[PDB]
**Q** 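Looking at a complex of 9-cis-retinoic acid and Retinoic acid receptor RXR-alpha here.
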Amino acid sequence: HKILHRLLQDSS
Amino acid sequence: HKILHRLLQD
Amino acid sequence: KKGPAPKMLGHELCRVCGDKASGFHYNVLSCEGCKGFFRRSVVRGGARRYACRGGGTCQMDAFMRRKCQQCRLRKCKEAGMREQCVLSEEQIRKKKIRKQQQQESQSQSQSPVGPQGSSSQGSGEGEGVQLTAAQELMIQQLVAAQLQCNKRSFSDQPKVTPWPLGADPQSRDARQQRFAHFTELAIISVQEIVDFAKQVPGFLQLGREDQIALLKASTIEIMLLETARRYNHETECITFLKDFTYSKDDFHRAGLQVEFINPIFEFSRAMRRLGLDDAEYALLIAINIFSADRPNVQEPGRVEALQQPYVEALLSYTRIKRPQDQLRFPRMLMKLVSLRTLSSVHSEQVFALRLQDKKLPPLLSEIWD
Amino acid sequence: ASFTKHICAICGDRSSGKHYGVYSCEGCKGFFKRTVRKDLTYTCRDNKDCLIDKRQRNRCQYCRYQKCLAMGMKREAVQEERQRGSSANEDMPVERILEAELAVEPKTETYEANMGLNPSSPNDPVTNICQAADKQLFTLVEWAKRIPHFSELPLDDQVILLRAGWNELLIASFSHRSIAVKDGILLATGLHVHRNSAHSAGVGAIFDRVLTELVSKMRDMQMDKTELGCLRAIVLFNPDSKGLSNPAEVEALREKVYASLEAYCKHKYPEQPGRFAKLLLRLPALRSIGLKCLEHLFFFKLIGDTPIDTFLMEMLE
DNA sequence: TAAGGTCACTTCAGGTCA
DNA sequence: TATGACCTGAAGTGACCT
Ligand SMILES: O=C(O)Cc1cccc(OCCCN(Cc2cccc(C(F)(F)F)c2Cl)CC(c2ccccc2)c2ccccc2)c1
Ligand SMILES: CC1=C(/C=C/C(C)=C\C=C\C(C)=C\C(=O)O)C(C)(C)CCC1
Ligand SMILES: [Zn+2]
Ligand SMILES: [Zn+2]
Ligand SMILES: [Zn+2]
Ligand SMILES: [Zn+2]
């Protein structure tokens, strides 16, 4: 649930 | 295997 | 003196029965009988017809046509008679009122010309009807977002494990290498999807776990769509990142099971008969994200309501572009089911990988586990 | 070539001499005249491959006008002020499908203090559901026979299609049967489930999924027998089933069901443009449910606790 | 000539009725 | 009740005047 979330808030 | 075929026959 | 008529005739008979035709009727030439029969068949479809007990070998002529109506209609279809050539009830009302009430019959009265003794046309709103502005704006936005998010994956090309050509066929680490490669391509795919959905309007109106659940659920199916879009019909190969092409046997060397690989290729070759453009693909993906039947969804109402505009926008785009093909839309909405089946197959592939104690990347292991 | 002066430059007929700036006959003259006058935009479905000659020139007006304009005819030369300006039926009738649904399901309700059956007990929900399923497989084949063109198919393909779709068929059936109750579903044996019982049985997830995504939506949009039968027909014909002799026929029949259903929607419910699309969108939700139920069916069968009847066993084996 | 118009002529929809 | 010769009836075409 963490990595997708950190991919959400900003640009990858 | 058996039943459905016979039910579909008639 | 020459006769003043085009007059295309001469008894070319009938494509249904073979009796004498009076001319072309419903995109084919036929007689009065076949024409009337076809009309009454289209306007009334709930009429009682007798099933064909004599087999589909029923012979058509100027006599037996009254025997089997189903075969007669079926050969009317074989004749190429279109159903849309029969005027509907709302279509026929305007082909009456114009010809009765005033124009061409019983009434002509105007300001000019008048022997009256003893007996804004163009647009209201700036219309032109269907496919409104906001819809096309949304479509173009989705396409532009698709391209913009697609360009980010182009710089990740030499970030990945090279393909081991000329590799030992019995080598396990070769299969492991190809597998790792494809999983990395899948990572790029997932990030790309996340960015795309991020640029999708209305998607930011949901909660964190809502967006996360929707993405985790729709990811594989979106990948299937993007793969089917990158499929090459003639060469029978799939090209990822536009410079990387792979055949079916390449997936066979990847270590993937046949039951996983085959239906995907079936799905990919099935979508080329649709001939979808970037707009329809983008709309399909957009709808697919907004499916409310996904697991772990707290507010399915918001998601369904968000799915509403994309569905109808896809409808207006389909009907206007290709009025000739009316089955394109239901055949497009039906691909979602295939996406579900292939999603189940995908999950079974994941479990298959889990069976051999194989490891997949933390992101992919986050989504599909 | 000065002989071409005596012929039409478009259809290649004998001309009267120059009219619109090219040499053309009275036909192309009057055609370009009547066209440019109203300047009506033609639509040719071929497309754009049309070759215009003397004989066939009146078959396609679009390409004729395009060839007239290509020869150098002017729209400014034309006087009079102006320049530039259902169903598909009887192959797959919905009435016979309706007849099938009415034949198989006797249970309905009209306008006080009555209804056929709703007894209950929360033991054992899974066993009772399997029992009802086995009960309804026979009515499922009996439903399949009354569906147009299915009986004409080869026997083995009929077997395959039934074995493939039986789950989703029965599911849609009891969902629409339970459309009047929340929550939850009424069995064809008459007994009641009551999802609390499903939760206590460990199957509550898929059950509540059925409650949320099927019966709820069906009740919200008020789906009738015709639409239910059509959706069940779409589920019934699957070209993607394994072992099919001629999948293209099945796919074609499915398309026929699409056209017929969309027709019925454009007739019965002119109010809702998204009715048909909604009905189609109920299908992907059904597939994910139909598959998940098989996973539990493969489970409870392999565990060897809940008694499974012979027909249901055959469908599972 | 080269522009118009007229109106015998075609066409292919639906509707009638014995 | 379904059927097909037959009509109503517009939109169109072109030989021939104007
Ligand atoms: O090239 C780009 O633009 C980026 C991109 C876009 C879409 C897909 C993609 O990678 C797909 C090709 C490799 N893929 C690996 C894979 C994907 C998803 C799950 C798994 C797994 F972990 F479950 F196994 C794997 Cl191994 C496989 C690919 C495929 C196509 C045809 C036959 C076999 C495999 C695929 C799998 C699932 C969905 C779509 C394609 C890169
Ligand atoms: C949803 C459900 C399941 C499957 C239901 C199926 C496969 C058929 C139901 C048929 C009925 C209920 C027919 C009728 O009423 O006519 C299983 C057992 C996996 C899990 C819990 C309940
Ligand atoms: Zn005929
Ligand atoms: Zn027949
Ligand atoms: Zn000409
Ligand atoms: Zn043309």
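First the proteins, then the strands, lettered A, B, ... as listed; each starts at 1. In what follows, every heavy atom counts, from backbone to side chain, and hydrogens, waters and symmetry copies are set aside. Header lists the method as X-ray crystallography, 3.1 Å. First listed ligand is number 1; within each ligand, the first listed atom is number 1.
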**Q** Tell me where in the structure to find 9-cis-retinoic acid, all copies included.
**A** ligand 2
**Q** Find all other chains that place a heavy atom under 4.0 Å from 9-cis-retinoic acid (ligand 2).
**A** D
**Q** For 9-cis-retinoic acid (ligand 2), which residues in other chains have any heavy atom nearer than 4.0 Å?
**A** D:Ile129, D:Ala133, D:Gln136, D:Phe174, D:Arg177, D:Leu187, D:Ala188, D:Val203, D:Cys293, D:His296, D:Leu297
**Q** Quick sanity check on 9-cis-retinoic acid (ligand 2): covalent bond to a chain or not, and to which residue and atom?
**A** none
**Q** Which UniProt domain of chain D has the most residues touching 9-cis-retinoic acid (ligand 2)?
**A** NR LBD
**Q** What is the overlap between the 9-cis-retinoate-binding residues UniProt gives for chain D and the residues having a heavy atom closer than 4.0 Å to 9-cis-retinoic acid (ligand 2)?
**A** D:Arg177, D:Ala188
**Q** Which all-trans-retinoate-binding residues that UniProt annotates in chain D are found with a heavy atom under 4.0 Å from 9-cis-retinoic acid (ligand 2)?
**A** D:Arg177, D:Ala188
